[PDB]
Structure formats: structure tokens, C-alpha cells
Q: 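Sending over a structure with dequalinium; questions below.
Protein chains get the first letters and strands the later ones, always in sequence-line order, with residue 1 at the start of each. Start at 1 and go down the list; that is how both ligands and their atoms are numbered. Keep in mind that the numbers below use all heavy atoms, side chains included, and drop hydrogens, waters and symmetry copies.
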Number of protein chains: 2
Amino acid sequence: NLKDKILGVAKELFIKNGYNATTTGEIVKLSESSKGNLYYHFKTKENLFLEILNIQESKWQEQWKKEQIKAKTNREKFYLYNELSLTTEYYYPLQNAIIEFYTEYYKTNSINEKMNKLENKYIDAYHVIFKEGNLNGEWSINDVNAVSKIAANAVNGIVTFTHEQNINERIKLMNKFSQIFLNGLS
Amino acid sequence: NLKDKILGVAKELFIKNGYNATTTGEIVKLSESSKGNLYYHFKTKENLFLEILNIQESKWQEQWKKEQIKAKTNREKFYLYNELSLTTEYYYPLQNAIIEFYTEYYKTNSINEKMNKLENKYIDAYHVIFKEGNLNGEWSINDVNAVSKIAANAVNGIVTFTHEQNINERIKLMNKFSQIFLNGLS
Ligand SMILES: Cc1cc(N)c2ccccc2[n+]1CCCCCCCCCC[n+]1c(C)cc(N)c2ccccc21
């Protein structure tokens with residue numbers, strides 16, 4: 001509970017004032033915990049944030065599980081997951097805190113350790129889509145891990161570096177990418 | 001050097017840390033100057049940054065022009081451009097500071113007359129490659145603009161969101177991307 005509260009309040013603070021401006025001091029006092037209890041559950045701001053991040057990935061996955069019901073075939077899952085990545089991320093309040101966090105502990109394989117099991121999870125969604133695509137004969141992929149990392153990162157890029165363009169155009173471009181790319185597997 | 005000597009410090013600081021962790025003061029301090037020398041061609045912080053981006057972009061485009069000769073067919077110009085994007089020391093090492101820069105300075109109306117100029121040079125390489133390929137018959141592209149923007153960002157995605165792993169796994173992934181993308185076009 002005190003741990004659940006630290007997480008809840010911290011998430012709001014990072015959302016309101018970003019990663020850098022938020023202090024464990026603010027988190028401790030507003031969550032009504034202490035520096036000791038905080039230190040025992042998370043050790044560091046970095047770690048607390050990674051934990052919030054894991055919780056968010058779980059939420060995403062549950063969202064994805066209910067959402068893909070709208071996409072029968074794996075080909076459709078791929079179109080929908082990318083469109084979903086773009087539209088949701090546009091109004092995801094933690095995106096700014098995340099950007100800050102990455103640039104922060106990038107030259108530290110420490111606060112970039114669990115950062116792996118995390119990104120790996122993002123990519124798994126693609127892995128499932130492509131593995132099943134293979135079994136369902138929708139396509140034939142040499143090695144899924146490679147194609148999954150590529151799809152995962154090409155999509156982050158279209159989502160991230162487009163920010164400067166009408167949302168309707170963005171979706172149209174992403175769908176075009178989904179189309180061209182799936183066409184490079186046949 | 002007055003003007004052309006600050007940008008060098010600011011670049012280092014912008015790349016080393018973020019667009020936020022680098023402040024007007026830290027520059028001048030490690031640059032030894034007046035916190036006002038910025039106005040002739042350096043209006044606001046965003047302008048100093050927006051300028052550094054141009055220098056670096058052009059530096060990258062310069063190199064590209066000199067190395068794209070190892071590529072015979074345009075189909076090859078596409079792979080080489082993407083492979084080189086992973087290895088350059090120009091502009092791409094700044095994509096990070098650029099991301100966090102859009103999570104702030106993107107409301108004013110300079111980020112549409114100054115910032116739009118730079119994005120053109122960013123998708124131009126792909127425009128030339130995709131047009132000359134059309135003219136040459138290597139493929140038939142519906143709208144070179146869509147495919148160009150889609151490609152530039154995808155690639156930037158693979159370069160920027162994997163900047164923490166074996167550079168060879170990198171090259172591998174990028175080449176597999178180029179293969180699939182082009183196989184999706186033609
Ligand atoms: C709840 C929830 C709700 C949503 N509506 C949602 C929408 C879209 C995506 C996730 C969502 N989730 C939860 C999402 C948890 C996401 C964990 C993501 C880890 C990945 C980012 C990796 N990364 C790398 C490698 C390298 C970089 N240079 C870099 C630079 C800037 C930013 C990121 C960078």
C-alpha cells in the first residue's frame with residue numbers, strides 16, 4: 001500500500017513535472033512515506049521510474065489483449081498495433097518523462113539494465129504477430145527476432161520523428177508503412 | 001572565434017547531455033563568454049540548437065555526397081545511406097536531443113519556418129534516391145514524398161532506438177530492413 005501509493009503519486013509527479021524536476025523528497029512527503037521506506041522499496045529515483053515503467057507495460061499488454069480482438073489476422077494485428085502505437089503515444093502523458101529518463105541514464109548500463117527486459121517486452125508483441133503469421137501461412141519469415149526488432153524500431157521512428165504533421169496524415173503514412181513492410185516478407 | 005566557436009561547445013554539451021541538461025550558462029562557462037553574444041544569428045536557445053542541427057545536417061549530407069559513389073544502382077544507394085546513418089558522426093548522434101526538443105519548443109512559429117527547412121534536407125536524400133530509381137526503372141513509387149518520409153523516420157528509428165548494442169548486430173538489422181522495405185516497393 002505505502003509502496004502502491006509511492007508508485008501512484010510518483011507517476012503523477014513525473015507526468016506533471018517531468019523526470020528531472022521530480023524529487024524523492026516530493027514523492028516521500030506526498031505519498032506520506034519516508035526516505036527509509038522509499039529506499040527500501042526502490043533504492044533510487046531511477047529504479048522507481050523503471051518500476052513505474054514495468055507497471056505501465058503490463059497495462060499496455062492488457063490493453064493490447066483486449067484491443068486485438070478487432071484484428072482477426074496477424075496481418076491486421078500488425079496494421080492495428082502500429083496505428084495503436086502512434087495514436088495512443090500522441091496523448092500518453094508519461095512520454096515526456098520517459099524521453100528525459102532515457103537521455104539521463106544512457107551512459108550507465110546500470111539504469112539501462114532492466115531497460116532491456118523492458119524494451120524486449122515491447123518487441124515481443126511483434127514476435128507473437130510474426131510467429132503466428134508463420135504458422136497461419138500469412139507469411140514465411142527467416143528469423144522472427146530480427147524482423148521483430150526491425151518492425152519495433154522502424155515503427156518507434158515513424159511515431160517519434162513525425163511529430164510535426166497533421167494526425168490524419170500520420171495514420172495514413174503509418175498504414176502505408178505497414179503495407180510496404182508486410183510486402184517485403186513475400 | 002566569436003560566433004563560430006560557441007556552437008562547438010554547445011554541440012558537445014547537447015550530445016553529451018540533453019537539450020534540457022545543457023543550459024545557456026553551462027555553455028558560456030565552458031565557452032568563456034557573455035551570456036548575450038547570442039542574438040546576431042543566435043536568437044533563442046532553440047535557435048542555437050536549431051542552428052547546430054543545420055551545421056551537422058549539412059556535414060552529414062556533405063559526406064553522403066562523397067561516399068554514395070560506392071553505390072551503383074539506386075537500390076544500393078538506399079542500403080548505403082541507411083548503413084552509413086548508423087556509423088556517421090554527423091547529425092544522427094543528436095536525434096536524442098532532438099526528440100526531447102520537440103517535447104517543448106514546438107509551439108512557437110519558428111519551429112515551422114526554421115524547423116521545416118531542416119526536415120526537408122532530412123528527407124531529401126530519399127527523394128533523390130526514390131525519384132532517380134523511378135526514372136531508372138528500379139521500381140515504381142506511387143508518392144515519393146510518403147515513401148521518402150516513411151523511410152527516413154523508420155531508419156532514424158533503427159539508428160536511434162538501438163544505440164546501445166553491438167554495432168554489427170545493428171548493421172545486420174538495418175540491411176535486413178533495407179531489403180524488406182525495397183522488396184515491398186518494387
Ligand atoms: C500504459 C501505456 C499506455 C499507452 N497509451 C502507451 C502507448 C504507446 C506505447 C506504450 C504505452 N504504455 C506503457 C508503455 C511502457 C513502455 C516502456 C517503453 C520502453 C521503450 C523506449 C526505448 N528508447 C530507446 C531504446 C532508445 C532511445 N534513444 C529512446 C529515446 C526517447 C524515448 C525512448 C527511447
Q: What is the name, according to the PDB entry, of the chain making the most contacts with dequalinium (ligand 1)?
A: HTH-type transcriptional regulator qacR
Q: I'd like to know the other chains touching dequalinium (ligand 1) at heavy-atom distances under 4.0 Å, if you can.
A: A, B
Q: What residues end up in the site of dequalinium (ligand 1) at 4.0 Å, going by heavy-atom distances?
A: A/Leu53, A/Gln56, A/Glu57, A/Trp60, A/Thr88, A/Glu89, A/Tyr92, A/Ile99, A/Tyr102, A/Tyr106, A/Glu119, B/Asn96, B/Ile99, B/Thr160, B/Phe161
